[PDB]
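The structure appears right after this line, and notes come after that.
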Amino acid sequence: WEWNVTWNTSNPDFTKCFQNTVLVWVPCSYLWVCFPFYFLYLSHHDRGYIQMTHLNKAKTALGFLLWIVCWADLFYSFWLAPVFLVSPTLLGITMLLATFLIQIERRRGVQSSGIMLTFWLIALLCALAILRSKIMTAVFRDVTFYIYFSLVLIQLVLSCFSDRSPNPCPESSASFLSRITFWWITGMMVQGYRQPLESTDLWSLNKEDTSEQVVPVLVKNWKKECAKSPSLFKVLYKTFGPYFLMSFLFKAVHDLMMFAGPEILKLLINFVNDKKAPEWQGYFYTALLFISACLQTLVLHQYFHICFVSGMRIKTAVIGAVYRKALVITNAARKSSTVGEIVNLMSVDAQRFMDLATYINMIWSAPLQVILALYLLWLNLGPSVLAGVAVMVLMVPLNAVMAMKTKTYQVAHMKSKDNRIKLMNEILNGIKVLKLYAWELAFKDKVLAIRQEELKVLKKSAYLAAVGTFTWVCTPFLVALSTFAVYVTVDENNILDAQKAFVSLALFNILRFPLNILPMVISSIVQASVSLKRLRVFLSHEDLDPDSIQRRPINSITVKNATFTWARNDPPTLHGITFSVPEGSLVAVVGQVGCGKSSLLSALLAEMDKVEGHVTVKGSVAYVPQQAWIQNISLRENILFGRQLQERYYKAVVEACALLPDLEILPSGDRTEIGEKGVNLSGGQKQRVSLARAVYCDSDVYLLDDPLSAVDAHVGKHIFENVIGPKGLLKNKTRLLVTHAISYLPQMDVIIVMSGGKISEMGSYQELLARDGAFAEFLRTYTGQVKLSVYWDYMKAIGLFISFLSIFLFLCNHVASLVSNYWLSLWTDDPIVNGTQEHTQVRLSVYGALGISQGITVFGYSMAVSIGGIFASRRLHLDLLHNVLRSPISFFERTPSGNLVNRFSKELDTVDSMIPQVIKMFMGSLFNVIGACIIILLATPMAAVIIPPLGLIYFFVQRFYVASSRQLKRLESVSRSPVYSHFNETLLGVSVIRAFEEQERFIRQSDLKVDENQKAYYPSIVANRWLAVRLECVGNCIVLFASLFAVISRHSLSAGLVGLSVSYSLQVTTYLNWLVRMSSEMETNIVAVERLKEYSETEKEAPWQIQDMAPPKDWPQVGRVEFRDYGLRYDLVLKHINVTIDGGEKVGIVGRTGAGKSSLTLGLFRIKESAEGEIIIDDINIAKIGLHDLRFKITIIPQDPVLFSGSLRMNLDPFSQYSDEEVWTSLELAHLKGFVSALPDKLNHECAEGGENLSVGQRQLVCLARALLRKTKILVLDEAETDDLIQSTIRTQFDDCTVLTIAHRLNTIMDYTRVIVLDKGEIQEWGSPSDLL
Ligand SMILES: CC[C@]1(O)C[C@@H]2CN(CCc3c([nH]c4ccccc34)[C@@](C(=O)OC)(c3cc4c(cc3OC)N(C=O)[C@H]3[C@@](O)(C(=O)OC)[C@H](OC(C)=O)[C@]5(CC)C=CCN6CC[C@]43[C@@H]65)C2)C1
Ligand SMILES: CC[C@]1(O)C[C@@H]2CN(CCc3c([nH]c4ccccc34)[C@@](C(=O)OC)(c3cc4c(cc3OC)N(C=O)[C@H]3[C@@](O)(C(=O)OC)[C@H](OC(C)=O)[C@]5(CC)C=CCN6CC[C@]43[C@@H]65)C2)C1
Ligand SMILES: N[C@@H](CCC(=O)N[C@@H](CS)C(=O)NCC(=O)O)C(=O)O
């Protein structure tokens, strides 16, 4: 090895000894170090054995022949040089290891072998180098090498094809090349462009990615850890750590390869410096740069794939284990953890684990990258690098402090947003009463105040985000300027050549990311630490005793000397209970409140903690809980409960529970979506469903914990007759019922009466009555791409001046960056005379000036984008609120309240906290690309020939990525919510699930939902990897072309220009993809703006204030109402209405369901526009008057009074227009002075959502107080205990005012003269009740 023939000569030939030693030791050596390690994977991971195919044999036969040929050399050598013995033997032996390896790979079922392929690629390159040398030298030993090379080439070609296998995910069947360069998802991207993607188009999860695979492994490892009485981290890295080990390896390789880049750039700069260097050296350097960049791309995205897959495995396993634990944990643990905390364990903790696994390897990669970059910068610049290190040491803690303060601001913003969302939910749930009361402006002002607090904290967060963008963008320049200034100023002979400038710039750009992610990674580790503590606490919770009850398959229920607890430390709730319930007997638990009736049924289900005794419940148990648990599935599936539908049995169960009227009122019948999310049901209906579900399940033992609490007396008696009674559906079933109603007690076979959780003289009804003891005492007790129009809409919401100022500032920022780097290039070209550079302080001053301009302009554009985002969020929230409050009631009835809430929640978030940062990221990911391309084209104009082709590539790739990514993302977005929702359901009805033994069915359902979520999430991240690989190699193909054109025209190019072009190309690589990912984020984020502005063109209500035809104060002077040919369409509910209500004349409206009674009040308040009608109050038409005016001059007491959160005074007078004396007088006149004076907060009593603290009677009297305080001449009443009080109060002082009354009860309407009867909208009778009869 000497430099004359290998590097100095125009023919780069390797020496003969080098050829025969190192070029042969490289490939053989690769297989020798990998072979042992590869058994780990081959053994731990198995997939069967592949059959005998021609391909596998072809490879094995060529491996045999190749070994022979290599040993044939040893034979000829045996037939002087020491290398002519060891090298052929070694090659033969490693070849024998290669053929054995494909053999064992066949045995272990691997279709594509990364090792064999790479190994053959390295062998091929080594053979190619020797081949070229041997063909340039020119029989004896050469022909053996030609045979070796041809066989190696054919072996390499064979190794690319995938062998036979031993809507699935194509990742498995994918070849090694298809796996490293993600190609099995190309079909998904093309399909997503051509057709919309649905959940039916998504591939089935990998068998190792499925919940049924990952969750049991974690559960087993947790069981092992808990048996060794517990570290959840130990379990986590014992279960997923093995798989994550490869990411660590890939992470290291990427770090080394990414530092190779600046070294090769240094070599290229040195090559351009000397004009006597052979050109092949420059082509070798650019090939090395291209190869290292492409390798770094591959290993990096393989590392990312491993990290993301491991994060999935962790999230799925954690979710499954949490679900199973919740299915097994005891009542004390559930009481400790509430409900939202457990769902938080299922959502935020598992998501934190996944997001952490994405970047946790940085906790070591970032320090190692920093150390390596600092050492290379030292090698370049001496001790002058300490200035840049000092700048970094200043900036990184600054970034951490700003991140902590941003977290504080986000906590405050979340609190204020939750307040706003609560207020908006109460506004939407009660918008009818708001519009009827003309209260839209007051609640608008309330929401605006909450949003003002939210916008203040958002503005502070925006200031912080702008400073953070400034620091992140301008820290590389600060480091470069500090190190360059110190370098040139400490020593006059410190020459700043291109080698010491642009290589150092590349090193600073390498340093930029790790420094910025290290604080974030440490914060993520701390958050994952607290989340891991929460998960470990939940998974260490006490498990319920499964055998607490004997659960004997088919004296039916046996309890002897059994005492139960609700907690180990807590005293017993049921002391010394004994009773035997025979098969097919009706037993009623009897007691007072807090006696221990429900505790008995909980104890029979192994929900109580049994401190002593023996319970032997025989056969299946159907539990009807006191608090009805309703699944969000349809009512039919609620009753079925995952059971085969039997039409006769179902249709016998539904009416026996008297569920037929409930089915009739509900829109879709039994297919209606009952539950919290769907249609809400009354308590009695929920008890009916629960009882119907229990009856359909057809158990032998029934535990009915007060099934008839909320059903009415007639409905309850009917239910008992057809279901629970001896002549009902459950005649032969053992029914244990908890009741406090005597009506059905004589029909009960056995009455278990207890007191204070103790058995107290149980027996039959007649015998217990005869005994005259405790029972007698008890009885005596009583699509396409988002349009540019919405981008322009967001730009206008920001403000055209702010948006265009930010665009100008960003353009100035990158112009300054480009000019600063060009100035550095000119600086590096400064000649050396007398050992120094003449122009240093001028160059340094201009570099610093350009950097200061860049910094102030970066701060400027970050400020402009951040502030414009605040402005846009304010404008969009105001417009959305105004449009919502102006839209008619029909709009709220039509549109589900879910999407209306999803406009003020999430969508505002996307607009205010996400869109500005995505805009900032896109601007950079775009102008970094533009500046790099401009620099490359200006330095090497010929590089314009590769801009079109690669650009075309970019186009197509971007297209497919975008056209699929959003779809995948939206699929992911629709899959995450059900899982937690399901968990919530499982947390609410865990007692029901345990009693019905449906734990496995719900575990499978949770596995399904998670698997659907992961089936949406996996294609998304693999899409990210696909886009990256393609466009990063595209950017790396440019790096190649930029360096190649630099070496082609090196004689007319300076070293500074070459270094500049190559450095800028090195980074355009890390951005062409981020440019697309950010374009996709823009497309998927601007839709939020589109959904915010969608109620802007819908039909709105008539103007609230006309101000041209406004009425005079006291417009209803007497309140003379006249319906002149009124017609209202909800075809016409109201028709031919010609009635006249005189001023101060009491008038009521009677009619059956389906008449226009209520719709008539909607006519008075103009809720629905008059299809044909001229309602006139006194001498003024209603339709001409603005809405607010009439809504203020007419008052209405609706069916269910809606009390809004806040003080009582804000309920009575939201505008605070009426004085305190008027409020006090009205409250006293409303029979409420005694109660209202009782609250410690006086008039400022904080009533919760809907006035839950207040009683129904009180809320009704508060609504009456509102109407009384209004002091208007026209009042409407909507009637459904306190009825005597509200009726007397409406009859007390409102005799002066004209009162319309719609009552479903004839008793009250009889008092009012002039009754109007509505048959089907027509006026059936118009006269006084005396003329009625
Ligand atoms: C409110 C502060 C905030 O939270 C910080 C910051 C940005 N957040 C929004 C959240 C977010 C981040 N990534 C995302 C990718 C897609 C969608 C959202 C995000 C990011 C993150 O990873 O969070 C975990 C992040 C971003 C960049 C970043 C380092 C960084 O995390 C340490 N880089 C600086 O170090 C920039 C970058 O150019 C770089 O590193 O250049 C050397 C980076 O490109 C590469 C090759 O990585 C990237 C990535 C999108 C590409 C385009 C240009 N832009 C500029 C910023 C940068 C980014 C968190 C907001
Ligand atoms: C694959 C799709 C996508 O890439 C995922 C997801 C969103 N992306 C858009 C890219 C993006 C992200 N951040 C940004 C910040 C500015 C500009 C762009 C982005 C984010 C990211 O940082 O990527 C690296 C991200 C976002 C949120 C997120 C977790 C998350 O990534 C870990 N949340 C969970 O923590 C949400 C959040 O509300 C929350 O805490 O919810 C309980 C979160 O609030 C906090 C305190 O963090 C935040 C952050 C801005 C606040 C406002 C409301 N929104 C809702 C989503 C959330 C975010 C990437 C699209
Ligand atoms: N050079 C960086 C590259 C990491 C990188 O690409 N940056 C972020 C993006 S901010 C990332 O990890 N991307 C993951 C993704 O594709 O979501 C390293 O040291 O790994």
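Along the sequence shown, the residues carry numbers beginning at 1. Note that ligands are numbered from 1 as they come in the structure, with each ligand's atoms numbered from 1 the same way.
The drug or drug candidate at ligand 1, out of dalfopristin, Taxotere, grazoprevir, vincristine, is vincristine. Structurally, the greatest contact with vincristine (ligand 1) is made by what UniProt calls Multidrug resistance-associated protein 1. In chain A, numbering the UniProt transmembrane segments from the N terminus, a non-hydrogen atom under 4.0 Å from vincristine (ligand 1) occurs in the following: 10, 11, 14, 17.
Other-chain residues and nucleotides with a heavy atom under 4.0 Å from vincristine (ligand 1) are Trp472, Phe513, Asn516, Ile517, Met520, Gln917, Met921, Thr1070, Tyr1071, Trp1074, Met1078, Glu1081.
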